[PDB]
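Next structure: contains daunorubicin.
The chains carry the letters A, B, and so on, in the order of their sequence lines. Note that chain A carries the PDB entry numbering, so the residues on display, from first to last, are 1-70, 73-116. Numbers in chain B track the PDB entry; the residues on display, in order, are 5-115. Order of listing sets the numbers, starting from 1, for every ligand and every atom in it. Note: hydrogens, waters and symmetry copies are ignored here, and every other heavy atom, side chains too, is used.
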Amino acid sequence: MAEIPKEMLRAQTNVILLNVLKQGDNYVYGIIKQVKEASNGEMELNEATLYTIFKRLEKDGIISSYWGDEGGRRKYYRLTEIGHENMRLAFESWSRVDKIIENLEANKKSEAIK
Amino acid sequence: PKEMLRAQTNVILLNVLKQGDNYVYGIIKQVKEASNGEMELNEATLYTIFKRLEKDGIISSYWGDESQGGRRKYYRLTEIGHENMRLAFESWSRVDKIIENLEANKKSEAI
Ligand SMILES: COc1cccc2c1C(=O)c1c(O)c3c(c(O)c1C2=O)C[C@@](O)(C(C)=O)C[C@@H]3O[C@H]1C[C@H](N)[C@H](O)[C@H](C)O1
């Protein structure tokens, strides 16, 4: 079928959460709240989905966590320096993909004239 | 990175087939040519992706060149494949807006 597959869906959630963190260190609750506001109430993530994703991100060295303060202590997550680098390299990589796509279209268009 | 290179090869391949039916060697050549020799797609990875896109009905395939004594597999982008590309663009656009909204709402809370 044509539906967005679970690998692309996971890639999409990833990008959103990594962009939340890129704006500022945040705790799970705050993160979910921010995404809900930014999706106009339509994307309200399950905290378990964040924990699943953060597990792997933390394991990969892309985010880390630390405790806030108190009435009660919060766990903050943060984009690491390698996280930030990764995001830049991914922007650049995919920007090159887009140029290759651009060129495939241009060559098709130009070879049709000729 | 593993999964993102595969995702990239996926997108590129879909785009070559959108440009017209093609076979595995031609796709790899065409992509290398569109990248000035810099992108060389892994044959192995093409086959793994093709196997999956065929199962999803996103691409189909047929034999060509039997009149020349050959037997070469060509791939084509199906209507399901066109839609998949539409939805990918639409869902990633949706992602972009949300991220744009995150930046603006952040900016609302600075001023
Ligand atoms: C159909 O395209 C895709 C299909 C499957 C997976 C993917 C994509 C895809 O397009 C894609 C991206 O475009 C980008 C990323 C990505 O993972 C994917 C896919 O996984 C990574 C990214 O979040 C970072 C860190 O820069 C942004 C980047 O988009 C770039 C270019 C866009 N035009 C936009 O400006 C965005 C903000 O940055």
If you rank chains by how many heavy-atom contacts each makes with daunorubicin, which has the most, and what name does the PDB entry give it?
Transcriptional regulator, PadR-like family
Other-chain contacts of daunorubicin, heavy atoms, cut-off 4.0 Å
A, B
Show the binding site of daunorubicin at 4.0 Å, heavy-atom contacts only.
A:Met8, A:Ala11, A:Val15, A:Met89, A:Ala92, A:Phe93, A:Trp96, B:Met8, B:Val15, B:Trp96, B:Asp100
When you measure from atom 37 (C) of daunorubicin to every protein heavy atom, which one gives the shortest distance, and what is it?
B:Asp100 OD1, 4.2 Å
Around atom 30 (C) of daunorubicin, find the nearest protein heavy atom and jot down its residue, atom name and distance.
A:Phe93 CD1, 4.1 Å
Among all protein heavy atoms, pick the one closest to atom 17 (O) of daunorubicin and tell me residue, atom and distance.
A:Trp96 NE1, 3.6 Å
Residue, atom name and distance, where the atom is the protein heavy atom closest to atom 27 (C) of daunorubicin
A:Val15 CG1, 5.0 Å
Considering only protein heavy atoms, which is closest to atom 25 (C) of daunorubicin, and at what distance to one decimal place?
A:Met89 O, 3.5 Å
Output, or 'none' if empty, a list of daunorubicin-protein atom pairs in which both atoms are N or O and the distance is under 3.5 Å, rounded to 0.1 Å.
from, atom 1, to, atom 2, distance (Å)
daunorubicin, 26 (O), A:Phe93, N, 3.4

